There are 2 protein chains.
Amino acid sequence: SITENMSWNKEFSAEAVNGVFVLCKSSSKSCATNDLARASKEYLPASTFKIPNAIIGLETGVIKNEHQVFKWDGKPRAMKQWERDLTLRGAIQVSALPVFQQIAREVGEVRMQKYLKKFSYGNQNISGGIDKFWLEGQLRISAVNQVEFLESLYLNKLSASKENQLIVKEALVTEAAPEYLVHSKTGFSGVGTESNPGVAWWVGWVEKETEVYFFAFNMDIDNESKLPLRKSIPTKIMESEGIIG
Amino acid sequence: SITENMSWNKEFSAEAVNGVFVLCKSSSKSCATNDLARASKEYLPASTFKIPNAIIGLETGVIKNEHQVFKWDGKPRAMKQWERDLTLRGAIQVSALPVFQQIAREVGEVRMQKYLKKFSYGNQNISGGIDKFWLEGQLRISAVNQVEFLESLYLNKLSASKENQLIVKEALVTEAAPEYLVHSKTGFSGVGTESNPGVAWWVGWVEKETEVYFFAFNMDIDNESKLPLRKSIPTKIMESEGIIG
Ligand SMILES: *C(=O)[C@@H]([C@@H]1NC(C(=O)O)=C(S[C@@H]2CN[C@H](C(=O)N(C)C)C2)[C@@H]1C)[C@@H](C)O
Ligand SMILES: *C(=O)[C@@H]([C@@H]1NC(C(=O)O)=C(S[C@@H]2CN[C@H](C(=O)N(C)C)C2)[C@@H]1C)[C@@H](C)O
């Protein structure tokens, strides 16, 4: 089940943020959130979709192996951070959209649709273009669904080889310590339109000693100056819960 | 092929220390070292053996899976950092000797001996006690051999499932950034005499952007105060190579 902790809304009100944090100890059957209504509301996954897309890319053979280098041959890209050769992990961690847009094209509608059904990934709507359905198309996923999906990944229970799940998991390590390990992925759909804000994400899980905590955060956003809030608000909530001080 | 870099002896000489650093770019077919003769000399692996031990424990089912918890029975251990339940990653990173002595016994000699031949691990001599051959027994391995073994692990080419090579690899992650990942493990056999000295190790590999560097360091320890040099000497060489930063 899931519990509503209204105390957590303090971290949101202090910054006038409309968002939701979902936090789960040990498993998906012991979770809490600041907002039950928004916890199950479905939003564009934006770059958080690079997690399933990479798994599907390895499954289908589009990504030959974990050692494949995605070369940059000089085609101008929307951010200089993407204008370089990238590993699979690098492409994920810098959110190299063009790399994963080409992966999407090579996977194709049929295989993409099949794996999203197998992963129970959101509304499973890939309309809007095979290389943009997760960013400006019709794909939507809730914070609870992200936690469920990531828990499956952590347990190697996605319908894919354990090998490929493990490959993507190390690619998601963002903080490493002897008894403290974080897998996570951020997302940002843009600033949105007039009275249609964008969405920003932070999702992943934390392994502290022999315990695990899955989490998913999203917020409405209409300016890039608010991006750091997608990390600081959830980090403060987790710090409050003793998930490392 | 291995190249000698005489300039890399600066720090060794200034501290009056006998040791070797082996550093390889892309593959073990492009290695350089400060001392060609010592690069091939074999030494007690000490805790660096936890890497092969961890893999063998998984291959044989002694370690159930990536989520195995090693319980602390509450009776005293030599170090308070070990008096707790630990993941496989935790066991490796805090170098929990008693956990890996128990692993070895369950593996047994027939299978340990088998896998050390499969891995081409040093002189493959596990005399000295099934739970101590790598600490005070007859097992010996060279810096060159460590690099070869670690390269095989990086490539998933060891005679073991890719599954378990991937499990142990994430367990070895020590530093993480979007385009910089480090797998490494230290080891130290204890202070010896000026004539029969101990050995201190640093081994691992650095993934920087799309490049990979394999390294193995060891040094003779006949005074406990020289042990910090096991990190600073190789760190200085890798800084001068432009790998760090
Ligand atoms: C994914 O959602 C988009 C890209 N991935 C990320 C992300 O969520 O980290 C963004 S946000 C980009 C990262 N560095 C920039 C920054 O920090 N400032 C401008 C302050 C913003 C990308 C937009 C995908 C749609 O490209
Ligand atoms: C395994 O080899 C033993 C541990 N390995 C290490 C080591 O290589 O560092 C030590 S020494 C202890 C832990 N790290 C500290 C250090 O490096 N400095 C203080 C400089 C000291 C152990 C002996 C395991 C069998 O205990």
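Chain naming here is simple, since letters A, B, ... match the order of the sequence lines and numbering starts at 1 in each. Atoms within each ligand, like the ligands themselves, are counted from 1 in listed order. Reckoned from all heavy atoms, side chains included, excluding hydrogens, waters and symmetry mates.
- According to the PDB, the drug at ligand 2 is meropenem (bound form).
- The chain with the most heavy-atom contacts to meropenem (bound form, ligand 2) in this structure is named in the PDB entry as Beta-lactamase.
- Every other chain with a heavy atom under 4.0 Å from meropenem (bound form, ligand 2) is listed here: B.
- Residue B/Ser47 has at least one heavy-atom neighbour below 4.0 Å for each of these atoms of meropenem (bound form, ligand 2): 1 (C), 2 (O), 3 (C), 4 (C), 5 (N), 24 (C), 25 (C).
- For atom 23 (C) of meropenem (bound form, ligand 2), a protein heavy-atom neighbour is found at a distance under 4.0 Å.
- Residue B/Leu135 has at least one heavy-atom neighbour below 4.0 Å for each of these atoms of meropenem (bound form, ligand 2): 25 (C).
- Organism of origin for chain B, per the PDB: Escherichia coli.
- The shortest N or O to N or O distance between B/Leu227 and meropenem (bound form, ligand 2) is not below 3.5 Å.
- Within meropenem (bound form, ligand 2), counting atoms from 1 as listed, the ones closer than 4.0 Å to a heavy atom of B/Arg230 are 7 (C), 8 (O), 9 (O), 17 (O).
- In the deposited model, the covalent adduct of meropenem (bound form, ligand 2) forms at B/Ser47 OG.
- Other-chain residues and nucleotides with a heavy atom under 4.0 Å from meropenem (bound form, ligand 2) are B/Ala46, B/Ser47, B/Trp82, B/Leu97, B/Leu135, B/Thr186, B/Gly187, B/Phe188, B/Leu227, B/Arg230.
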